[PDB]
Amino acid sequence: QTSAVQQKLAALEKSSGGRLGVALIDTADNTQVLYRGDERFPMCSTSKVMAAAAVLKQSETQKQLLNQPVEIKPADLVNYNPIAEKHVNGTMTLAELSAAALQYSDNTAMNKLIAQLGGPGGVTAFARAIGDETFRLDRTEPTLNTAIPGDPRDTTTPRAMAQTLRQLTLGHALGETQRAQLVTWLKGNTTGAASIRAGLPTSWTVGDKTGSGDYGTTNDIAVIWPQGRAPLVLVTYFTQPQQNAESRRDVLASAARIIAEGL
Ligand SMILES: O=C(O)C[C@@H]1CC[C@H](NC(=O)Cc2cccs2)[B-](O)(O)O1
Ligand SMILES: O=C(O)C[C@@H]1CC[C@H](NC(=O)Cc2cccs2)B(O)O1
Ligand SMILES: [K+]
């Protein structure tokens, strides 16, 4: 079937000229709303959640892991490093790298998380360990954001990412203190106010991770605590036909507004 919400998302997509993917889980009843929910999209910086979570999982058996210093060298800087560049020729702890990757979208920080996990495949292995058979990370920063149409590298589906984000933040994929740390980090994101957040009532609380890539790829994955009801998990992925397309965070806000109006 096609619901009223799905028809509105299709109209938004048609007007946008791009390709939109949405997955909602409403934990009030465990129901789902999907739009292109099983199509693949390039994750771009939303992949930073999986990398940080994989390090949190490692930290469950190493009380000092998050305090471990990691050297930052001039050669480690890439294309977007606002936190890591302040620590060149110094160090950042794994907690600092996680916070920088999640809350500031720092790409050097992400590369250090990936390296701590043994490369992109270590992030994929963690996804598999927590029940996600869809996610794949294949490259480091910055090339994981090329977002080429039809390329399977560094992709997932909306359905898979919503399920995984639920298990990480509201379920038991992580230990209790690690889940709480991930939620704290997401709630302190600096980059999200134009994306899913912008389509929701102002009284609701959001923790999210955005991403930007080539092909105008504009993404957001969020946990949402609405006023008066159980939490939601919402993924909104958007990608466009031209490599140089502009970001369209407003489309994500519009998708979130349609979802919220359908509850
Ligand atoms: O064109 C130029 O004169 C050089 C630019 C300068 C900085 C650029 N980097 C970014 O803007 C980081 C991003 C943040 C969010 C989306 S991209 B670049 O390193 O790509 O090259
Ligand atoms: O969180 C955000 O919205 C911003 C954040 C910026 C860093 C990452 N993007 C890039 O490095 C851009 C690239 C495009 C092609 C190659 S690199 B990420 O996907 O998004
Ligand atoms: K792993």
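Per the PDB entry, chain A residues shown: 25-57, 59-238, 240-252, 254-290, in order. When a ligand or atom number is given, it counts from 1 through the structure's own listing order. Just so it is clear, the values below take in all heavy atoms, side chains as well, and ignore hydrogens, waters and symmetry mates.
- What sits at ligand 2 is the drug vaborbactam.
- Tallying contacts with vaborbactam, the largest count belongs to the chain named in the PDB entry as Beta-lactamase.
- Other-chain residues and nucleotides with a heavy atom under 4.0 Å from vaborbactam are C69, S70, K73, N104, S130, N132, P167, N170, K234, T235, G236, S237, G238, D240, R276.
- Of the protein's heavy atoms, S237 O, 2.9 Å lies nearest to atom 9 (N) of vaborbactam.
- Shortest contact from atom 17 (S) of vaborbactam to any protein heavy atom: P167 O, 3.3 Å.
- For vaborbactam and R276, the ligand atoms under 4.0 Å from any heavy atom of the residue are 2 (C), 3 (O).
- Interface of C69 with vaborbactam, defined as ligand atoms under 4.0 Å from a residue heavy atom, comprises 19 (O).
- Between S130 and vaborbactam, at least one pair of N/O atoms sits closer than 3.5 Å.
- Atom numbering of vaborbactam starts at 1 in the shown order; those under 4.0 Å from a heavy atom of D240 are 14 (C), 15 (C).
- Heavy-atom contacts of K234 reach the following atoms of vaborbactam: 1 (O) (cutoff under 4.0 Å).
- Vaborbactam places these atoms under 4.0 Å from at least one heavy atom of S70: 1 (O), 5 (C), 6 (C), 7 (C), 8 (C), 9 (N), 18 (B), 19 (O), 20 (O).
- Close contacts of vaborbactam with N104, meaning ligand atoms under 4.0 Å from a residue heavy atom, involve 10 (C), 11 (O), 12 (C), 17 (S).
- In this structure, atom 10 (C) of vaborbactam lies nearest to the protein heavy atom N170 ND2, 3.5 Å.
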Which pairs of N or O atoms, one from vaborbactam and one from the protein, are separated by less than 3.5 Å, and what is the distance for each pair?
residue: vaborbactam; atom: 1 (O); partner: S130; partner atom: OG; Å: 2.7
residue: vaborbactam; atom: 1 (O); partner: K234; partner atom: NZ; Å: 3.3
residue: vaborbactam; atom: 1 (O); partner: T235; partner atom: O; Å: 3.3
residue: vaborbactam; atom: 1 (O); partner: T235; partner atom: OG1; Å: 2.7
residue: vaborbactam; atom: 3 (O); partner: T235; partner atom: OG1; Å: 3.2
residue: vaborbactam; atom: 3 (O); partner: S237; partner atom: OG; Å: 3.0
residue: vaborbactam; atom: 3 (O); partner: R276; partner atom: NH2; Å: 2.9
residue: vaborbactam; atom: 9 (N); partner: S237; partner atom: O; Å: 2.9
residue: vaborbactam; atom: 11 (O); partner: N104; partner atom: ND2; Å: 2.8
residue: vaborbactam; atom: 11 (O); partner: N132; partner atom: ND2; Å: 2.9
residue: vaborbactam; atom: 11 (O); partner: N170; partner atom: ND2; Å: 3.4
residue: vaborbactam; atom: 19 (O); partner: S70; partner atom: N; Å: 2.7
residue: vaborbactam; atom: 19 (O); partner: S70; partner atom: OG; Å: 2.4
residue: vaborbactam; atom: 19 (O); partner: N170; partner atom: OD1; Å: 3.3
residue: vaborbactam; atom: 19 (O); partner: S237; partner atom: N; Å: 3.1
residue: vaborbactam; atom: 19 (O); partner: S237; partner atom: O; Å: 2.5
residue: vaborbactam; atom: 20 (O); partner: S70; partner atom: OG; Å: 2.5
residue: vaborbactam; atom: 20 (O); partner: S237; partner atom: N; Å: 3.0

